[PDB]
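In what follows, chains are A, B, ... by sequence order, proteins preceding strands, each numbered from 1. All ligand and atom numbering here is 1-based and tracks the order in the structure. How was it done? The header gives X-ray crystallography, 1.8 Å.
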Amino acid sequence: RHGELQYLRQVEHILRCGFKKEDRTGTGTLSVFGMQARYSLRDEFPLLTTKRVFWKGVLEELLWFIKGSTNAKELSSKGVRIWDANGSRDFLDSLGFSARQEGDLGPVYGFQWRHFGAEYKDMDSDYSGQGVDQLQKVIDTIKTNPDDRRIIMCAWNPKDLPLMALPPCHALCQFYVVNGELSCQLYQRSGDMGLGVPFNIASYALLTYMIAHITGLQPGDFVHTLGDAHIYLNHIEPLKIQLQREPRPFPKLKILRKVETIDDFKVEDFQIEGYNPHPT
Amino acid sequence: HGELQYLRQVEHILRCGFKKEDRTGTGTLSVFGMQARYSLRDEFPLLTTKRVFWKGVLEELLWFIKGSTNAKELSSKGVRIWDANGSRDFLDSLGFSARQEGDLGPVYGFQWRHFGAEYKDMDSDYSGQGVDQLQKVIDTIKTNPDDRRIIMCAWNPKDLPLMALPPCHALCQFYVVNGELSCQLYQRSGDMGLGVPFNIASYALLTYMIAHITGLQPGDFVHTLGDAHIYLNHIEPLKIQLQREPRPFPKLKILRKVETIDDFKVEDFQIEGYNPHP
Ligand SMILES: O=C1OC(c2ccc(O)cc2)(c2ccc(O)cc2)c2ccccc21
């Protein structure tokens, strides 16, 4: 009943029953369409243990989303370089974004979360007060109407898709409250089980911890829903080895001071305790 | 039998759901996060343990497809499910007193065909405005079946204040493998007793239509729920329905070759072998 066994069973399922299917580069995957897992957030934190997850990247990326940044260099300057290739001069040129400064990802996550529907110009523009601040709306609704069934933050913006260096893999999420507990469901249109999915689970579990903290609630569940769940073909043999490792008890996530607004969270406010992932 | 997934979801909520009130303070039993997979392969998942309103399923979907946001254009087909949301007493509730009766605001039909366009009223001409997500999905399926971004999203944060009701069916995603077209719906709120069987039929039908248009075979319909709930007044009726054994699903037949999604008509469809319980 360790929560990571769900993830292992999803990987096993794709290895056994997935179909060969290729991505935009013509590279092969094994793929299943439509999966779901539930990770409890109650006195533990689902940071996967059968292979180490880049927690520093999880935390800094989420803080970067929250402040609305679309500059890959603003994340890279924290030592987190996962978005840098998508803002490179050559990649941006290949998409027709010649006039963009290097690092300008377009209206990706942070912009849609804080300024949905505003007109994007570039990554250095001031978007204060423009568009729908979905993130603060979710927090507001949780505080005042926890029964609400419309508590959604949606990064999928069909109008803005052509401007993005990458359309969001995490298309939308929904929050839910019962019994003083805050839950979150992510709709992820595409998930690389080997590398991306563990990171994305941590990301939305952390966001739920953050929002629960500032709304006075306790973390409940993170429900992970996938569209195209896939394993790259050259990852099959390492994953078969990983699948025979027993999960170690999940770590705990501690928030080290009372924080009042989502914008006030800082990297030093968080401590992962007892994280003991299997080595690679 | 694929209907057993639905029955076990109902059973789970009656067993493990928590009491949770809705907008009207009326009580439900609720579970957050559920998923079921309904095969579309040589059968159609129109539930059999209780009759589903198939004519309403089909006419509502045709109404979405032509982009209408006028409940009176659907009611004129004898399908009244949207009429209350467009009534003058309900629009006034939401501060929409200057709005014509029947004007639902920028709901499914507008978002599917004109996402991002500026809504005015249900009588406006939106030709060529906004993103036609429906046609874009069909195009991408035809040209890039491997695409992992084949999404139609009715959830529009900018337009929510203008809507008579924000979409329960927030988005759906299509997927192609082995010549088969699948569809996954993200439904943020599901009334298991009254709404969900209708909703399953709707998106299974959309998948049959797009598969027909694109030369593919229907695959799976994957139903994902947020707040899956049962109104307390429905508990004993569902408890009886849970005792009913499902009959084999009917088949859906498309009676002619249709070239575009806009060309489908009610007469093109025939449900074969539908034998539901009362
Ligand atoms: O470069 C990285 O992108 C990943 C990532 C995903 C979502 C996100 O929001 C941020 C990053 C990713 C992993 C696998 C993929 O197939 C594509 C991307 C990732 C996870 C962990 C470590 C590095 C990376």
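The chief contact partner of ligand 1 in this model is named by the PDB entry as Thymidylate synthase.
Present at ligand 1 is the drug phenolphthalein. At a heavy-atom cut-off of 4.0 Å, the other chains in contact with phenolphthalein are listed as A.
Of the listed residues (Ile82(A), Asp23(A), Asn86(A)), the one carrying the non-hydrogen atom nearest atom 1 (O) of phenolphthalein is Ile82(A). Between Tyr109(A) and phenolphthalein, no pair of N/O atoms sits closer than 3.5 Å. For phenolphthalein, the polar-atom distance check against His170(A) finds no nitrogen or oxygen pair separated by under 3.5 Å. Per the entry, the species of origin for chain A is Mus musculus. From the protein, the heavy atom lying nearest to atom 16 (O) of phenolphthalein is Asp192(A) OD2, 2.9 Å. Near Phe199(A), meaning under 4.0 Å from one of its heavy atoms, phenolphthalein places the atoms 10 (C), 20 (C), 21 (C). The protein non-hydrogen atom at the shortest distance from atom 9 (O) of phenolphthalein is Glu61(A) OE2, 2.6 Å. Atom 18 (C) of phenolphthalein is not flagged as protein-proximal [any protein heavy atom, distance under 4.0 Å].
UniProt's dUMP-binding annotation for chain A and the heavy-atom shell under 4.0 Å around phenolphthalein share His170(A), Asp192(A), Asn200(A). With a heavy-atom cut-off of 4.0 Å, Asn200(A) touches phenolphthalein through its side chain alone. For chain A, the active-site residue flagged by UniProt that comes closest to phenolphthalein, at the heavy-atom distance given to 1 Å, is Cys169(A), 6 Å.
From the protein, the heavy atom lying nearest to atom 22 (C) of phenolphthalein is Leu195(A) CD1, 3.6 Å.
Phenolphthalein places these atoms under 4.0 Å from at least one heavy atom of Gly196(A): 13 (C), 14 (C).
By chain and number, the binding site of phenolphthalein at a non-hydrogen cut-off of 4.0 Å is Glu61(A), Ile82(A), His170(A), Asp192(A), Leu195(A), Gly196(A), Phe199(A), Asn200(A).
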Give every pair made of an N or O atom of phenolphthalein and a protein N or O atom lying under 3.5 Å apart, one pair per line with both atom names and the distance to 0.1 Å, or write 'none'.
| unit_1 | atom_1 | unit_2 | atom_2 | d |
| --- | --- | --- | --- | --- |
| phenolphthalein | 9 (O) | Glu61(A) | OE1 | 3.3 |
| phenolphthalein | 9 (O) | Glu61(A) | OE2 | 2.6 |
| phenolphthalein | 16 (O) | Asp192(A) | OD2 | 2.9 |

